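Featured here: a structure holding berberine.
Numbers in chain A come straight from the PDB entry, and the residues shown are 1-124, in order. Numbering of ligands and ligand atoms starts at 1, following listing order. If you check the header, you will see the structure was determined by X-ray crystallography, 2.3 Å.
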Amino acid sequence: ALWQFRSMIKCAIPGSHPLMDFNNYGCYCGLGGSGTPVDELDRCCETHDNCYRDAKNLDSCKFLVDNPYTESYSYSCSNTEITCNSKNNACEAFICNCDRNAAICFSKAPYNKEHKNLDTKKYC
Ligand SMILES: COc1ccc2cc3[n+](cc2c1OC)CCc1cc2c(cc1-3)OCO2
Ligand SMILES: [Ca+2]
Ligand SMILES: [Ca+2]
């Protein structure tokens, strides 16, 4: 679920404020997306969007109000490491893995200040 993704990010990047740092970044970090990501971080965001689009295209999973962000799973944080709980159901595990891969991706991508609040209508 959305709150857990924010906290997965804090797990992976202890000095981060997820909503301030990664929301409305580039062309994909934020609601929807368009065009081509502008850097690796932005590209982590598109892959996450894409990862969410695949979960919805799973016939077995009917997410509340069709949003995978509503679906809570179980995970833990230790010393920078995210672990998605094996007891998560197949749909919760898919979402957990979207969020974890994204938090791990964010932690490794260069953060370019200039791509925060990008002019998307122009550059995306
Ligand atoms: C579901 O309604 C909401 C509610 C909140 C939302 C807030 C975020 N997104 C859409 C939202 C949304 O739309 C689906 C998409 C991506 C994203 C990445 C982030 C983040 C927040 C969000 O902070 C950490 O990096
Ligand atoms: Ca997005
Ligand atoms: Ca759940």
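- Every copy of berberine considered, the relevant parts of the structure are ligand 1.
- Lab note: most contacts to berberine come from the chain UniProt lists as Phospholipase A2, major isoenzyme.
- Of the listed residues (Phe22, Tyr69, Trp3), the one carrying the non-hydrogen atom nearest atom 16 (C) of berberine is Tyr69.
- For berberine, no covalent bond to a chain is modeled.
- Shortest contact from atom 10 (C) of berberine to any protein heavy atom: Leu31 CD1, 4.1 Å.
- Counted by heavy atoms under 4.0 Å from berberine, the UniProt Ca(2+)-binding residues of chain A that qualify: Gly30.
- Close contacts between berberine and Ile9 involve ligand atoms 24 (C) [criterion: under 4.0 Å to a heavy atom].
- Counting only heavy atoms, the protein gets under 4.0 Å from atom 5 (C) of berberine.
- For atom 14 (C) of berberine, the nearest protein heavy atom (residue, atom name, distance) is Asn67 OD1, 3.2 Å.
- Distance check on atom 24 (C) of berberine: some protein heavy atom falls below the 4.0 Å cut-off.
- Berberine lies within reach of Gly30, whose nearest heavy atom is under 4.0 Å from it.
- Berberine places these atoms under 4.0 Å from at least one heavy atom of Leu2: 4 (C), 5 (C), 6 (C).
- The residue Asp21 has no part lying near berberine, judged by heavy-atom distances below 4.0 Å.
- The shortest contact between atom 22 (C) of berberine and any protein heavy atom is with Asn23 ND2, 3.4 Å.
- Residues in other chains coming within 4.0 Å of berberine by heavy atoms are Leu2, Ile9, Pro18, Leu19, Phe22, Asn23, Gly30, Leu31, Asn67, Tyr69.
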